[PDB]
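In what follows, a single structure is set out as structure tokens and then discussed.
What you see of chain A is 5-266, where the numbers are those given in the PDB entry. Just follow the structure's listing: the first ligand is 1, and inside any ligand the first atom is 1. Header entry for method reads X-ray crystallography, 1.7 Å.
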Amino acid sequence: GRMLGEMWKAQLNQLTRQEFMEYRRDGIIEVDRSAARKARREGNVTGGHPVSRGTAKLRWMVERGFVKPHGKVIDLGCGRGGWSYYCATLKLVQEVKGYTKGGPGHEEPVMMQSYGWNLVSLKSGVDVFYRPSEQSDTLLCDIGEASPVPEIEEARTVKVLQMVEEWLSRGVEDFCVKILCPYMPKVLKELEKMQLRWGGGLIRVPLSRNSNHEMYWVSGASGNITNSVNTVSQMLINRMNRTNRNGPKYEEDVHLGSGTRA
Ligand SMILES: C[C@@]1(F)[C@H](O)[C@@H](COP(=O)(O)OP(=O)(O)OP(=O)(O)O)O[C@H]1n1cnc2c(=O)[nH]c(N)nc21
Ligand SMILES: Nc1ncnc2c1ncn2[C@@H]1O[C@H](CSCC[C@H](N)C(=O)O)[C@@H](O)[C@H]1O
């Protein structure tokens, strides 16, 4: 038998494009980024606007205690830097190192002056899958590229977990790791072993789009992995089958201020 999430992916792939676009943001929470997009086009780096939607997703988890960034934070796949700049605003964070691939088709780090920007060092041109691990107090990873083929998303997710395993073995106190495809067998098998060793649990951020099944493995959660994943699959399938669509529920984006930290 298959996990319900496999069903969801098959049904997702059968939507027309118009159906898909009507579904992907139906009933999710979305922060309004109109001012942020104007800020990046105007080079406004002091207005507190996050560089991406990712900031609001990590804020959601941090304010619920699912991860408590502190000390030295390493941000794997930092992209423009939304997670890294957010952590540098936090009282217990002392240093943020972000690594991302960059180059054609990939986001380059953006230089911002949000609060605590001077604690952030972002490095492009870095393939984290071949980078030696380093010590960290907080380990973040937001990597996982979508595909219509669930076996490709499965393999991509397993590769992330095998990399994270090396970084966690350095001794990490807090973590938050994107699980792109949590319902496929090879991901479940690996995650269950890694939960046994390192703890944590899977959570679904309601800012995630209905067009993906992404969940985050976070140190400040617990709970059965199979049940957590199934709960998300049923929600996403329920939303796909309720065809009176409303678009997202809008909320306010994070304000990251400006200024250096001592
Ligand atoms: C093919 C996919 F399965 C993608 O593998 C997944 C994520 O496609 P996506 O790039 O939007 O990812 P998403 O936006 O959710 O994630 P974030 O940006 O928040 O990180 O949706 C499906 N998909 C994309 N386009 C279409 C489409 O035209 N028609 C249909 N039927 N399915 C589509
Ligand atoms: N092998 C790899 N090594 C390093 N970065 C990678 C990678 N594969 C993908 N990435 C990067 O992972 C990034 C995920 S971006 C995630 C959003 C980010 N947390 C924010 O808040 O802005 C992408 O920019 C992508 O280019």
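- Bound to ligand 1 with the most contacts here is the chain that the PDB entry lists as Genome polyprotein.
- Choosing among R-argatroban, CB-5083, OTX015, AT-9010, one finds at ligand 1 the drug AT-9010.
- For AT-9010 (ligand 1), the heavy-atom contacts closer than 4.0 Å come from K13, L16, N17, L19, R21, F24, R57, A150, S151, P152, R213, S215, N216.
- Those atoms of AT-9010 (ligand 1) that come under 4.0 Å of a heavy atom in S151, given as number and element, are 5 (O).
- Among protein heavy atoms, atom 24 (C) of AT-9010 (ligand 1) sits closest to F24 CZ, 3.3 Å.
- Not a single N or O atom of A150, backbone or side chain, sits closer than 3.5 Å to an N or O atom of AT-9010 (ligand 1).
- The N/O atoms of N216, backbone and side chain alike, include one that comes under 3.5 Å of an N/O atom in AT-9010 (ligand 1).
- For AT-9010 (ligand 1), the polar-atom distance check against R28 finds no nitrogen or oxygen pair separated by under 3.5 Å.
- For atom 4 (C) of AT-9010 (ligand 1), the nearest non-hydrogen atom of the protein is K13 NZ, 4.1 Å.
- Of the protein's non-hydrogen atoms, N17 OD1, 3.7 Å is the one closest to atom 1 (C) of AT-9010 (ligand 1).
- The shortest N or O to N or O distance between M25 and AT-9010 (ligand 1) is not below 3.5 Å.
- For atom 6 (C) of AT-9010 (ligand 1), the nearest non-hydrogen atom of the protein is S215 O, 3.5 Å.
- Residue contacts with AT-9010 (ligand 1): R21 is placed with no nitrogen or oxygen under 3.5 Å of a nitrogen or oxygen of the ligand (distance criterion only).
- In summary, the atoms of AT-9010 (ligand 1) found under 4.0 Å from a heavy atom of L16, numbered by their order in the structure, are 3 (F), 21 (O), 22 (C), 30 (C), 31 (N), 32 (N).
- By the definition of a contact as any protein heavy atom under 4.0 Å away, atom 13 (P) of AT-9010 (ligand 1) is in contact.
- Atom 20 (O) of AT-9010 (ligand 1) is not flagged as protein-proximal [any protein heavy atom, distance under 4.0 Å].
- When distances from atom 10 (O) of AT-9010 (ligand 1) to the protein are checked, no heavy atom turns up under 4.0 Å.
- Backbone and side-chain nitrogen or oxygen atoms of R57 are examined, and one is located within less than 3.5 angstrom of a nitrogen or oxygen of AT-9010 (ligand 1).
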